[PDB]
Each structure stands twice: as C-alpha cells, then as structure tokens.
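Heading - 9-cis-retinoic acid complexed with Retinoic acid receptor RXR-alpha
In what follows, every chain begins at residue 1, and chains take the letters A, B, ... in the order their sequences are listed. Counting convention: from 1, in listed order, for ligands and their atoms alike.
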Amino acid sequence: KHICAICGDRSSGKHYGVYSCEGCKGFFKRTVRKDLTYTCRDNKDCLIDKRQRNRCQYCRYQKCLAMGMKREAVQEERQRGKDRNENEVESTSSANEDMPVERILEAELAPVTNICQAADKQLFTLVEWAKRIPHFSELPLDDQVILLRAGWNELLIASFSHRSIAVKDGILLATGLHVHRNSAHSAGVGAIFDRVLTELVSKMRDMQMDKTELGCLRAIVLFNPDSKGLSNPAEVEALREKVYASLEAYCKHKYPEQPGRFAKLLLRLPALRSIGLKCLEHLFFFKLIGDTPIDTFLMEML
Amino acid sequence: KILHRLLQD
Amino acid sequence: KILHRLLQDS
Amino acid sequence: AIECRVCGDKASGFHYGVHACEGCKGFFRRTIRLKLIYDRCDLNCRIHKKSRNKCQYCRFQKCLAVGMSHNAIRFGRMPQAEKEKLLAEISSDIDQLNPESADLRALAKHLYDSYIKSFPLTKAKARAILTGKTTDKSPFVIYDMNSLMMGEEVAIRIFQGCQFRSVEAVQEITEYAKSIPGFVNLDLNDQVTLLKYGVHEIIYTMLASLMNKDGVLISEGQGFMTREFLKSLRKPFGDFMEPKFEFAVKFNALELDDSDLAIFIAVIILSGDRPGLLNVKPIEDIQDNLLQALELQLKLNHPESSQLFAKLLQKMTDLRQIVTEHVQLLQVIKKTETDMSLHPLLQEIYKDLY
DNA sequence: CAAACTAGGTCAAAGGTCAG
DNA sequence: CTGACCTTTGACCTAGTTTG
Ligand SMILES: CN(CCOc1ccc(C[C@@H]2SC(=O)NC2=O)cc1)c1ccccn1
Ligand SMILES: CC1=C(/C=C/C(C)=C\C=C\C(C)=C\C(=O)O)C(C)(C)CCC1
Ligand SMILES: [Zn+2]
Ligand SMILES: [Zn+2]
Ligand SMILES: [Zn+2]
Ligand SMILES: [Zn+2]
C-alpha cells in the first residue's frame, strides 16, 4: 500500500501516527513499553534501511521520533494485575503506623570554620539518627549511602534551624556557639545566613513545630527516591509515602483545630531546599578555593 | 569510605 | 519594576 | 455531561439499559454476539478509562453488575429526562455541594475558567496533539540542523528562542494572577514580589504539560523539538534542558488535568515563604484557603490516588530545586560568552533572585 | 411524519504471541 | 530481540424504533 517512512520497507498501514512497517511498529512499542535507553556507537549517524536497521537501535528510534511516531499513542500492557497490594488489609486497618511516629520522635531525641566544626561533629550523628528511623536499616546498604549522601546537607540544616527556636537573630551550632546574625555579614555570608533566619528559623518558630513533626519531615527529606543510583527507587518512594501518611494523621490527632497544618508543614520543604543548594554553592567555593578549613567526613560528602 | 564505614556496622 | 506596569494595567 | 457506569469517560448514550461509553458498549455486544468466556479473576479490579482493557473477566463482570442487559435495550426519546435532568445528584448538591465546601468547588471552577482564558495551550490540547487524537497536522518535528533550518550561535538562536517565550508567558501568568481572589488587594510591593519568584515555578509546571520523555511542543504546538536534539548542543547549552525534562517526566506521572493544574498554579504564586514580603499574614491567608480547595479538587478527581495531595506539594520543592539550579547555569553563561542580549523583562525578574 | 435515539456493522489501528 | 501474522478495540455511520 505504502512505504514505511522509517526504513523504506513496505508499510502495512499506519502505526502511532506514521506509515511504518510491521517491524518498526514493534520496535517502537517495545522501546516505549519496557522504557529502554539506547546508545549510539557511531556518531548518531547510523543509516536506517530495510537491511541495516537493526544495526543500531538508538539511531532507529530517533528515525522513529523524527518521522513523527508518537510515544503516547502507545497504550500499556493489556495484561497486568497492577496491584502490589496484599488481599484484604496489609497491616489490619492500615495500622496507620507502619512508620510509627514515636520511633521517629525517639530517633529525634537521640565564623565559618566554626560552623563546619558542628557539621563534622554532627555528620556522625546522622548515621545514628537514620539508623534509628524505621525501615532504613532494612534497606540495601548502598541506597543508604546514596540516600544520606544526597541529603546530609538538607537534613543537617533543618535540624539546627529548629534548635534555633527562641534564640532570635542567631543560631546555636550543635556544639554550643551562638553565632549571631551581624556576626556573619562580616564574613560575607550574610545573605544566606539571613535566609535561614527568615524562611526557616522564623516560619518554623511561629508555627510551634513539634519536635516530632520536625523528625517526620527529616524522614521525608531522607527517603528521597529521586537520588541517582538507587538500585530500586520504587521502594524508597514508598517509605516516603508511608511517612506522608503517618505525619498526615499525626496532625488530625494532635492539631484538630488546624486542618491545613499538614500542608503548611510540607511547604517548609521548598525553602529548605533552596537554602540547602545555595549552601553547597558556598562549599564548592571554599573547598576548590584551597581555604580547606574543614575536616574529614566533609571529603566524601563533597 | 567514611559514610560506608559508620554504616558498615 | 517593569512588572509594576502589568500589575497596574488591565 | 454524564459518565459511563463501567469505565468512566462520557457515555455515548443508553446502550442495553444503562449509560455506557462506545468502548464498553461494543465490548458487551462483542462478548455476547460471540459466546466469550474470560477465565475468572478473584481480584476485584478497578475499572477505569485506562485499566478497562486489562482484565476482560473483571470488565464484563462489572458491567453486568451495573445492569447492562440485552433485554433492557430502549430506543426512542427521553420522555421524562426532565426527571433525571437534574443530574440525579442535585440532592447531594444540597448536602455535598456545601456548606463551607460548596465555596471550595466554586473557587476551583472560577480558577479553572480564569486559567482557560489566560493560556492558549492547555494540557488538554497538548495531550491531543501528543496522542495524535486530533484533527490537526502532525507537529513539524525538529531533530537537527536540517529540520531547524526550516524555521519559516544556533545553540543561541534556540536559547534566546526560549527567553522570548517566557516574556509572553509572563504576561499571561500575570493576568491569571489578577483573578485570584484577593491578589490585587495585597500591597503592590508583595504583588510584584510574589511574581518575581512565581513565574519561573509556574513556567516549568506549564511547560511540562507539552512534554513527553522524547520531546517538547513548541511555537503554538505546531512544532516539536526532540529531547535528543537539544541534549546535544554547544558545550554549555547541552545540559540546559535535561533537568526540565527529568522534572517533566516525574510531574507527568501524577496525571493532573487542567482543572488540577489551574489551582496548583495559584498556590505557587501565593507563597508566604518568599523573601522581601511585608504583610505575610494576608498572603498566607489566601494560600491556606487555596490549598484547602486544591485538596478537595484532587480527592474528587482522583478518588484512588494515594497521598496525591502530599505528592503534588512535594513537586513544589523540586521546582525551586530547578529554578535555583537554572540560575546557576544562566550565571555561568555570563562568563563563557560575551553576548547576553537577555530581554529587559527577564532582567527584572532574574536579577537579585536567590 | 420529524425529531431524538440505538443496535449493529465496519475498518483502521492497538494489542499479543512465539518461532527464528 | 525481531517481526509475520492473528485478535481486539472502539470511533463513526447507517438503518430502524419510539416519543410528541
Ligand atoms: C526548548 N523550547 C520549549 C520551551 O522551553 C523553555 C525552557 C526554559 C524556559 C525558561 C526561560 S529561558 C531563560 O533563560 N529564562 C527563562 O525564564 C522557557 C521555555 C523552545 C526552543 C526554541 C524555540 C521555542 N521553544
Ligand atoms: C547554614 C550556613 C552554611 C552552611 C553549612 C552547612 C552545609 C551545614 C551546616 C550544618 C550545621 C551548622 C549543623 C548543626 O550543627 O546542627 C555557610 C557555611 C555557607 C555559612 C552560614 C550559613
Ligand atoms: Zn519500517
Ligand atoms: Zn547509531
Ligand atoms: Zn465505559
Ligand atoms: Zn480482574
């Protein structure tokens, strides 16, 4: 009838938007369904013709994209059980506490060159804290490192920015120093420091952030499924949804007068990340710049 | 190395 | 300060 | 505006004594016009628009429970449609459509409408153009110089091809903001602040609507640029778009409709955690009520999406995540290049941003 | 009867499978 | 893994039913 716009072979009609041969139609499908990633061994120039089209997949799929084949034109496996849930109830009545809030709570109860002293000293603490947070230890010892590497930064900040409740216009490093505001501007890090006071310390402060609620948030910042490397992201993404659940309920119990508290608690997260990124910025600027005043645990962390 | 150690145990 | 214009003109 | 008793999408009428869609209609008739037996399935599958074509036993079984009968067929007209013309739920609309909840859905509708008149290309349009189910011409794909050359330093033509867009979007977002219950009443200084920081987050959210794993719709949606193409540009501009694509892949999994995007967007413009705000209590006030409105929009649109509201608010930290990371690259450019003819509107917004 | 609807049929386009 | 070849879906249109 027609000619396949991808390889030249005879096209058996239309498939996903273009005139494709039955072969190419199957290639596109499998690629999209099993979500595969191909790489070219030449210069992304490999020629596609009925003879040598299996010569290189990357090039072939791109020939597809270009000739107009649409990915969303593909439906998914008309043969799934699509239910990772166990019959009836997986923890009778949800248990709500598959991620017990008490455990976290307990786990929580367990100028510049001065800051980093706290950091290092505090970085050995994190393994302790995380170690105590349920389901973390049952995770692959690799993902544990990935999880803690990608989040030590944020976890550490959200810890002291709470510890600095009261103590206005200043903050207490984990060891004992009361680094006060004006004491930073001199060092040149007055911009960042102030942001911590105004969108963390402050906000956190006027909210009466329950020492629990904090730990519940640090858990969410820990169980970050997006971290690159997790041999399995689905599991991590889950343990976070569990914690969304626990904390979510924990406000229905403790703060019934505040329906929109759960959300207000989760919105402390965006700022915790900008501030967190801007800080790394001020570390890869104090390290490669040979000022090297840090210790040892800050070497693999960077 | 460090993170791996503290985690090792 | 250029935005002031789009917020004040409908 | 009726739905299907079996899967969900709008029904095409009364087929075999029940409101069914064209798909479920013909599935039922095909199972009968041909003695068809689908081996049991103990699991009580949830029949929805998508899942509908998975477990055949579970689909047929269900539609027999909804009443579909070969002996319930009915031709003609609707003599007493007037009876069931009150969407047979106007009694739960005096119960559910209220009290301090009838307003929430009233706020949503308002925004969904303000959103539709503010932006030309909604996620709806974009998904047709993308799923190809439309009466249009397939977007002109652009996977290299050859195709790009057919538009009517290259890395830059494209880069500034974006900066140009933003400006247009910014003007659009702006009017959308000026229709959010109480945004004008705020102190002009925070009205401006809320936008200096808003637009960006607003953009990537919108921008992700016209994106799939492979590319992105451009120029009104009549053009499509391959991810592979962009990924391969002049040394600094290669990575420029990956983060946006990564984010878009994640954001899309949530499957939000324009209705849900329309409220989420308002929630971003109204965030009392922005630097330089004076009257924070006012702002936060609008937000709180908007969040309370979005939470209900999601429960009623995605009854079975576990923790969707929570997950959606998490994407909000990934937005900042991008934006600040984008600014870093935009910073780098100022060095490894000398022609920064970045538009003067982008200048305001961009300069001083954290 | 005209107008307001449906059961069926039809055919392009999606889905599957399983030697090679 | 491919892709020849076979099964379903379901959007759209026709021919006949029922209400006013
Ligand atoms: C890649 N596309 C799709 C749109 O993709 C966009 C990506 C990023 C932005 C953010 C802008 S760009 C900037 O420097 N600052 C900003 O706020 C805006 C749009 C192109 C490319 C060329 C022509 C038209 N469309
Ligand atoms: C916040 C901040 C900074 C970054 C430090 C980092 C990355 C971690 C600190 C952890 C602490 C202080 C932990 C604790 O003891 O609780 C810098 C140096 C740029 C200057 C002042 C503001
Ligand atoms: Zn072909
Ligand atoms: Zn190749
Ligand atoms: Zn249906
Ligand atoms: Zn089933």
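The structure holds 9-cis-retinoic acid at ligand 2. Other chains in heavy-atom contact with 9-cis-retinoic acid below 4.0 Å, by letter: A. UniProt domain boundaries put most chain A contacts with 9-cis-retinoic acid inside NR LBD. Both criteria (UniProt all-trans-retinoate-binding in chain A; heavy atom under 4.0 Å from 9-cis-retinoic acid) are met by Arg163(A), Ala174(A). Under a heavy-atom cut-off of 4.0 Å from 9-cis-retinoic acid, the UniProt 9-cis-retinoate-binding residues of chain A that qualify: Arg163(A), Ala174(A). Residues with a heavy atom within 4.0 Å of 9-cis-retinoic acid: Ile115(A), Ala118(A), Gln122(A), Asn153(A), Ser159(A), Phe160(A), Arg163(A), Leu173(A), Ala174(A), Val189(A), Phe193(A), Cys279(A), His282(A), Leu283(A).
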